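Below, chain A is the first sequence line, B the second, and so on; all start at residue 1. Both counts, for ligands and for their atoms, begin at 1 and track the order of listing. Structure determined by electron microscopy, 3.7 Å.
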Amino acid sequence: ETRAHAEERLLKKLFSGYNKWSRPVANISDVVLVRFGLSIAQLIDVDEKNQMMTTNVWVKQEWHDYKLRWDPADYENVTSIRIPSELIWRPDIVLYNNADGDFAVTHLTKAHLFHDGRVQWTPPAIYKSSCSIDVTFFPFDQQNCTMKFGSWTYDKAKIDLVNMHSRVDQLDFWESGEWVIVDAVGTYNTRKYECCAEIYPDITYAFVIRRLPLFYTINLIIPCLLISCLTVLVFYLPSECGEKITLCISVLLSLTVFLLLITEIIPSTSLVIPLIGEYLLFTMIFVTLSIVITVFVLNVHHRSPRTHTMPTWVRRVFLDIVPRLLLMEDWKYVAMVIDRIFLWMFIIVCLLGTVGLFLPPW
Amino acid sequence: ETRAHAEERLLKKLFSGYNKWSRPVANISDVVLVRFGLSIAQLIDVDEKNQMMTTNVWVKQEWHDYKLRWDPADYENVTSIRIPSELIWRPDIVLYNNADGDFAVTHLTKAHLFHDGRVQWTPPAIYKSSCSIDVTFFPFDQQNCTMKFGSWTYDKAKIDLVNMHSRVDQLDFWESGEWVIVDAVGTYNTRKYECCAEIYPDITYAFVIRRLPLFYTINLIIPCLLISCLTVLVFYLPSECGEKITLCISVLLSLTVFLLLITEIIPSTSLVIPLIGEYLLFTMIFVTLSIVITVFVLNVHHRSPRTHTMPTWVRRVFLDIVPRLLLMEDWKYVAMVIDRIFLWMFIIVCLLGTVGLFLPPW
Amino acid sequence: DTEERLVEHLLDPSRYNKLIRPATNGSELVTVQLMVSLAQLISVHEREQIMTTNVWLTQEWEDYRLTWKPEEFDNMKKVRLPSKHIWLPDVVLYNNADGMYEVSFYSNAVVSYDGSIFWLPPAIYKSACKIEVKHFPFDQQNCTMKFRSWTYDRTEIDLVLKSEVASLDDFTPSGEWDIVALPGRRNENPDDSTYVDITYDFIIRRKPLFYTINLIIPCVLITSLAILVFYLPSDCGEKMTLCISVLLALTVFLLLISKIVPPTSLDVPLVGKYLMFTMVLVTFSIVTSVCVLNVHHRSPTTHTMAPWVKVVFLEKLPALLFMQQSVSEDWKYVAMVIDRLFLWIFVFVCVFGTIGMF
Amino acid sequence: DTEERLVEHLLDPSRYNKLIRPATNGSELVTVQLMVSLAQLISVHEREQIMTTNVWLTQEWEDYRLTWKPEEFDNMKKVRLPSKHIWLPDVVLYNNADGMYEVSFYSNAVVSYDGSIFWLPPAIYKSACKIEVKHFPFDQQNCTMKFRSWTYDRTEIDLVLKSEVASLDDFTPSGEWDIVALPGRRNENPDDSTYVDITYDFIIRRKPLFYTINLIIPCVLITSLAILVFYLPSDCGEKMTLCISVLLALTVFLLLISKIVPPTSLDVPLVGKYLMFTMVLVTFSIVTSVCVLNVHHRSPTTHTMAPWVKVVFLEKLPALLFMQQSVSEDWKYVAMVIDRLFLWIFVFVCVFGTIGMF
Amino acid sequence: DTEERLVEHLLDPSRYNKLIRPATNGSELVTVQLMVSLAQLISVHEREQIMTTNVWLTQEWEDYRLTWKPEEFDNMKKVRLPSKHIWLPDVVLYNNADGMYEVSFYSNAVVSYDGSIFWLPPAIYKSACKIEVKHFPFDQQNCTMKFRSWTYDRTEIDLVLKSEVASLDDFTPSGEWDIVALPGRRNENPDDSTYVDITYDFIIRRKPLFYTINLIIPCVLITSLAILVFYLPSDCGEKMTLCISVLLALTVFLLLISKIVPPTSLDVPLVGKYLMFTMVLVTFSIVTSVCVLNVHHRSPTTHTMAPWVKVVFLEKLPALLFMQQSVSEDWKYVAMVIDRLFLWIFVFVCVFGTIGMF
Ligand SMILES: c1cnc2cc3c(cc2n1)[C@@H]1CNC[C@H]3C1
Ligand SMILES: c1cnc2cc3c(cc2n1)[C@@H]1CNC[C@H]3C1
């Protein structure tokens with residue numbers, strides 16, 4: 001009489017002579033069709049330094065078996081029931097791309113029988129994939145991470161996947177804040193491996209995502225760009241003060257720190273190099289060259305006619321240079337001159353490098 | 001006929017009326033003898049800051065029961081079989097010295113029956129012990145870590161341990177690189193506890209190990225020793241320059257950093273103190289005293305007869321001191337004098353301290 | 001051989017069920033006498049407010065269906081049993097971090113013929129005790145440990161103590177931390193009348209030497225240079241260097257000490273307080289020192305320093321007991337005077353604060 | 001002894017199956033009245049946007065096949081049962097990190113004779129709440145907690161609240177974080193009509209003192225030295241040192257504060273903003289100061305400083321209320337004038353920004 | 001439908017027991033042909049001496065009680081089975097950290113009618129390979145992987161290789177690390193005669209560019225300033241600044257590089273060696289430079305600089321090819337001379353060390 005009693009009688013009749021490990025097909029050459037799909041829930045972390053990607057994802061499978069069928073009019077008009085996924089057939093679906101993970105679902109949520117043998121399963125999962133990280137246009141970066149699902153011990157003449165929706169559902173996506181999903185496609189594919197002769201299918205989900213660049217633009221690059229204006233300036237500073245090498249050393253050490261600090265956020269791949277590390281490197285090069293030339297200057301200025309000599313030809317040369325420079329016995333005037341002429345060249349060089357480096361991209 | 005068929009028949013006959021939780025003895029007075037031993041495999045980590053020791057160790061036990069016996073000629077000449085350690089008797093062997101561990105083996109490797117009731121068991125284990133760390137002669141340190149095995153609920157009139165080899169086997173030891181095992185002994189002992197009246201045995205394995213001192217000698221002490229030569233030197237630096245307190249402050253801050261950094265590698269035990277921290281402390285003391293005296297000097301030198309006065313007796317005193325010093329109103333000359341006389345005393349003091357501190361050990 | 005028969009007679013699934021508790025004569029309570037025995041105090045993590053210990057808690061109680069006739073079973077007064085199959089009253093922490101409540105090993109259980117039971121398993125416990133941090137490092141911390149079941153209530157069991165103090169016979173010294181007292185108190189609620197608990201209150205004192213050496217000495221040693229830059233002459237061009245270096249070292253020590261202690265905004269320690277105060281002092285020093293330097297490097301052509309300065313300062317000279325004085329020289333002397341005045345008041349305030357600490 | 005018979009009669013595997021749910025008279029919904037009870041707010045990890053709490057969620061419902069006749073079974077109105085064997089409706093978070101949804105202990109379950117059931121297990125939950133970080137540290141965070149089954153839908157169960165507020169009877173104070181309100185709302189979807197959820201919205205406020213002391217005071221104290229290097233004379237040869245040191249300390253504090261807060265590029269806090277602005281200011285200061293220094297260290301032979309300078313600056317003197325002036329001396333005075341002008345506009349802009357914050 | 005009957009006939013608990021191994025005709029050994037197939041080399045953590053890989057190890061063997069008649073069972077030559085119920089030989093690492101030995105998934109197992117079996121599960125393995133660190137970063141590491149059972153011995157099974165090389169068909173490039181060879185060798189002990197193992201020896205080479213750029217270039221670039229302070233004049237009052245800054249940057253780089261590499265005191269890399277040497281050099285430089293500075297600042301009244309200096313130095317002038325020289329001027333010139341001499345020998349020693357590296 002009660003729906004629950006008929007439900008018992010049915011459930012007890014179905015699982016009398018059932019064998020989990022037996023494939024659910026009547027004719028051996030017949031195959032089952034495992035409709036497959038995903039639905040993100042959030043994108044926990046994307047670890048660049050270790051090249052990993054954590055996802056919380058609601059797998060979706062459905063298929064059809066030939067033993068879990070009945071007639072509803074005989075059991076008080078019940079068509080759908082719910083049973084654990086621990087007592088029926090359950091296909092082996094793995095991702096070959098794991099890294100510190102579990103290779104399969106172990107939450108084992110229940111399953112919904114639909115009166116026509118159709119069965120539907122939706123276990124959650126936390127998956128840790130490994131996607132290669134390309135870092136040149138840091139932080140304005142578009143990353144591309146993959147996930148390769150597929151079967152393990154069943155060829156294409158026993159199991160054949162089918163993609164339900166060619167796009168990854170995002171109805172319950174939870175905005176992580178830093179990374180946004182431009183698009184997420186799902187491809188079908190086949191392959192052949194060395195173990196065996198048959199071909200095996202597979203499905204490949206590709207997430208193309210972008211980084212919101214405000215944070216690293218407002219905490220990392222603005223100061224390294226703000227203490228690079230001071231790379232060429234020391235030359236406009238005289239020699240009687242005694243604060244040239246101080247400034248130079250400070251700038252050098254600061255840039256070295258910023259580089260040695262950004263090396264913590266990017267991987268150690270050698271195929272490519274970012275665009276910030278290279279610029280900082282060129283800057284450090286030119287500033288140490290600047291400290292060299294300014295110590296040479298400081299030595300020139302503090303000279304004296306008794307201690308040092310040989311202004312033989314420099315007289316003509318520098319009194320002929322000073323007019324071109326539009327600046328109109330004593331060594332100090334020549335120090336000023338050489339300082340100015342190096343200042344012009346270094347502003348030109350910093351300009352030209354900072355420029356010719358960032359142009360091809362834009 | 002087949003060895004496997006006889007093996008089944010035997011295995012099925014043995015476990016018909018067996019009870020795990022029953023002690024394997026025919027006469028209640030009679031005891032079993034649990035031969036015991038270890039075999040290291042490596043020494044993963046020795047955390048000084050937390051006073052812990054991780055070991056991967058291959059426990060070895062063997063005993064004899066009176067029910068797991070048979071005759072081999074009746075079962076096709078089988079004497080040894082292999083069964084899981086989850087269906088037979090298995091003694092309670094614990095280490096009282098755990099710290100964030102498991103108190104017993106959780107791998108449960110199989111066991112080898114030997115046709116005369118003798119049984120032999122060798123489960124692996126990862127053990128986290130807590131050994132007190134004595135740190136005075138850092139890094140030249142000899143540490144002494146313990147492991148106290150023993151039974152839990154069986155007195156000496158039911159169980160009695162026996163040490164197999166008085167030394168810990170090291171045939172598959174894996175050289176960790178930093179720590180070497182001088183020796184490793186195993187002692188037998190008894191005790192009586194407050195809970196109860198009977199006495200309980202125990203076994204105590206002691207590892208005496210040494211540290212290879214090249215790393216910390218190359219990366220930690222050589223620079224702190226190299227920037228201590230500069231503690232007494234500022235005095236040989238004149239006052240017209242303006243670079244005395246700069247040097248002094250730099251040295252002080254550097255030493256403070258090195259001390260505040262080494263405090264991360266050693267525990268916070270207060271019973272003792274290392275030999276490096278103490279030396280660095282004395283050095284910091286003397287260098288701040290040096291900054292005090294050199295500011296006093298700087299004030300003396302830059303004085304002037306109009307602003308300041310009262311060279312009443314200092315004339316005689318310092319013109320009588322300068323000859324003893326083998327150095328021949330002058331605010332400058334008396335400054336030079338006082339500087340020299342403090343320089344001599346401070347070199348003497350640094351010498352004498354660095355010396356008289358490290359002697360008793362060697 | 002009898003042991004087998006006896007056991008397999010006691011734990012018979014038909015005669016003995018585990019999911020229930022022993023009761024007769026009107027649902028009488030089963031007493032549970034428990035007392036704890038420490039082994040060592042592994043750690044006290046302040047930054048997270050956690051304490052890691054190793055403990056053996058002995059429970060004892062009585063069951064009326066685990067009795068036998070000794071003379072029948074070859075005169076056996078005592079047996080061992082597994083502690084999964086017999087009944088047992090659930091007893092754990094409540095203030096536990098890690099979400100791990102129950103014990104680890106689940107050791108054997110003794111059994112006599114009167115039905116009594118005496119069971120002590122081991123455990124490592126991660127309790128959560130709040131850190132009262134004002135007298136750092138000379139502090140006396142106070143870490144609590146609860147004990148109460150989480151399936152039953154007072155109308156089915158009644159917990160009891162055996163000794164008001166936690167035993168310490170198997171205890172091994174800890175190094176850093178040193179115990180003082182280990183009281184244990186039973187607690188009950190009248191408004192609720194279904195809340196029985198046992199609370200052990202470990203009282204701990206820290207040994208100060210280590211942190212003393214590594215933090216205090218450098219700290220005081222450095223801050224002892226804030227009252228000194230005034231005695232430095234402005235011609236050297238160096239006051240700024242010293243003052244700045246001191247301020248930066250000070251900020252560093254401050255951040256560090258705030259790292260070592262937990263982020264409880266309820267109370268503030270003494271060291272950070274003193275350090276913030278002397279930091280304020282030294283910045284006031286830097287600003288007044290730059291003023292002094294500027295007034296020193298003035299020349300006659302640029303400024304006239306008309307009457308007020310002359311009389312005011314060349315007359316303030318004696319009030320300091322500072323003495324006895326070309327215009328640039330007068331500038332320099334004014335600077336000397338003012339800096340000495342500031343030095344006086346600053347050393348006064350330093351002593352005043354040192355007193356304020358007492 | 002009866003308890004045994006009663007239980008072993010109720011949970012009979014033939015009479016009672018667990019994989020199904022209790023229903024009669026046309027697949028009627030089984031109500032599930034649940035309410036949560038907090039115990040403490042362990043942690044709020046901003047850098048990862050996570051919240052760790054300890055919770056006891058009491059569920060109640062009704063089952064028609066767990067009833068009996070009390071007088072038959074010696075007048076027993078109540079029993080305990082294990083919560084693995086009986087039915088139970090699955091109820092967890094959805095926004096959970098760690099991928100751990102269900103509860104930990106799986107405690108016993110009370111059962112009366114009318115069939116009702118009252119089950120509360122404990123749990124530690126790691127929720128994911130987004131941090132709105134603009135008024136740091138004086139911020140009011142808002143952490144959400146979902147609750148809904150993940151096997152059933154609205155056409156088989158219907159969740160309900162018992163009290164609109166989450167109980168706080170056992171709340172032990174947290175120190176740092178302080179609660180304000182704990183509302184709880186039922187939510188449903190008309191377009192879907194198969195989406196029932198319960199959302200509790202903890203509203204939290206931070207206690208500011210700790211981070212105030214450790215970050216703000218040093219931060220303002222240091223930035224208070226950016227408007228001052230201009231009052232320093234260029235003969236000392238020291239402006240560069242001070243300016244550089246300030247800039248570096250500033251960058252350090254900036255990186256640090258950006259570490260302590262999460263990397264959400266959606267919004268920017270106030271402190272980093274102010275700090276970036278004053279950093280720009282101080283670099284403008286360094287460049288104008290080097291210009292001043294150069295013009296100061298010029299000599300007569302090298303430059304003539306022809307008319308414009310003379311009249312323009314020696315006439316700008318009064319507009320500043322700065323006064324009253326050998327060629328090198330005129331150089332030095334020009335430098336003094338220009339630096340004082342810059343000082344004026346810089347203090348003006350500092351006050352302007354301090355206003356801009358209000 | 002037959003598959004059901006066949007399976008439920010093979011794995012019958014009476015006919016087939018799992019705890020034993022297949023043997024006949026006098027306890028003959030069962031061969032076990034295993035070969036490994038890499039998928040990617042996840043990581044190589046030097047600081048801890050660990051290697052994380054993903055692996056599929058194919059085992060094959062033969063069982064005489066898993067055979068059938070194909071024509072009876074509708075001509076079925078092949079079936080799948082679960083790998084928990086059938087026999088299987090235990091095979092794992094021995095050098096494993098994490099204490100995790102066995103495989104993760106426990107995949108299905110193929111079965112033919114001759115009784116053969118072909119089973120490959122996946123795995124992630126954390127091996128422990130010792131790092132030979134002398135040519136950093138241009139180093140060729142060598143990581144070992146064991147394979148042997150830990151329940152059986154050689155008198156009951158005999159392991160065998162199928163291909164002397166580990167397959168790389170499914171391998172995905174790793175970025176940093178690049179493979180060279182993957183030999184695999186069987187190993188046996190004559191003294192023991194019960195020790196069979198398989199050892200695969202991955203040989204890896206690091207790609208240097210990254211660490212080159214980020215460490216070497218700054219390192220050499222900075223140390224290139226240690227032979228230069230001598231060319232700086234002592235009137236500037238700046239040698240100390242430069243030397244000190246260089247020394248501190250150097251110590252920093254040293255500590256850092258010692259962090260990145262493991263704390264094996266067995267061997268010392270080349271970079272730390274070079275850096276320590278040049279550090280010693282620069283401190284010798286600082287001390288000799290202060291001596292030079294002092295002798296430069298001396299005045300006539302304070303010292304007489306009697307004969308020795310005059311003749312010795314004003315005659316050493318030409319040996320340097322340095323030339324051609326009021327008493328204070330002679331002081332300054334003596335300083336110049338001595339500093340140039342030191343510069344010469346220092347550049348000589350720098351070249352000497354650069355040679356010493358080759
Ligand atoms: C029988 C049993 N297990 C297998 C596992 C795999 C294959 C064939 C198998 N055949 C390859 C194809 N799919 C995963 C791997 C590799
Ligand atoms: C009953 C069951 N097991 C016990 C284990 C031990 C004790 C008493 C016990 N009582 C202590 C005395 N011997 C080993 C430990 C500690």
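This structure shows the drug at ligand 1 to be varenicline.
Ranked by contacts, the top partner of varenicline (ligand 1) (the one with most) is named in UniProt as Neuronal acetylcholine receptor subunit alpha-4. Every other chain with a heavy atom under 4.0 Å from varenicline (ligand 1) is listed here: A, E.
The PDB record for this entry identifies chain E as Neuronal acetylcholine receptor subunit beta-2.
Close to varenicline (ligand 1) (a heavy atom under 4.0 Å) is none of the transmembrane segments of chain A, numbered as in UniProt from the N terminus.
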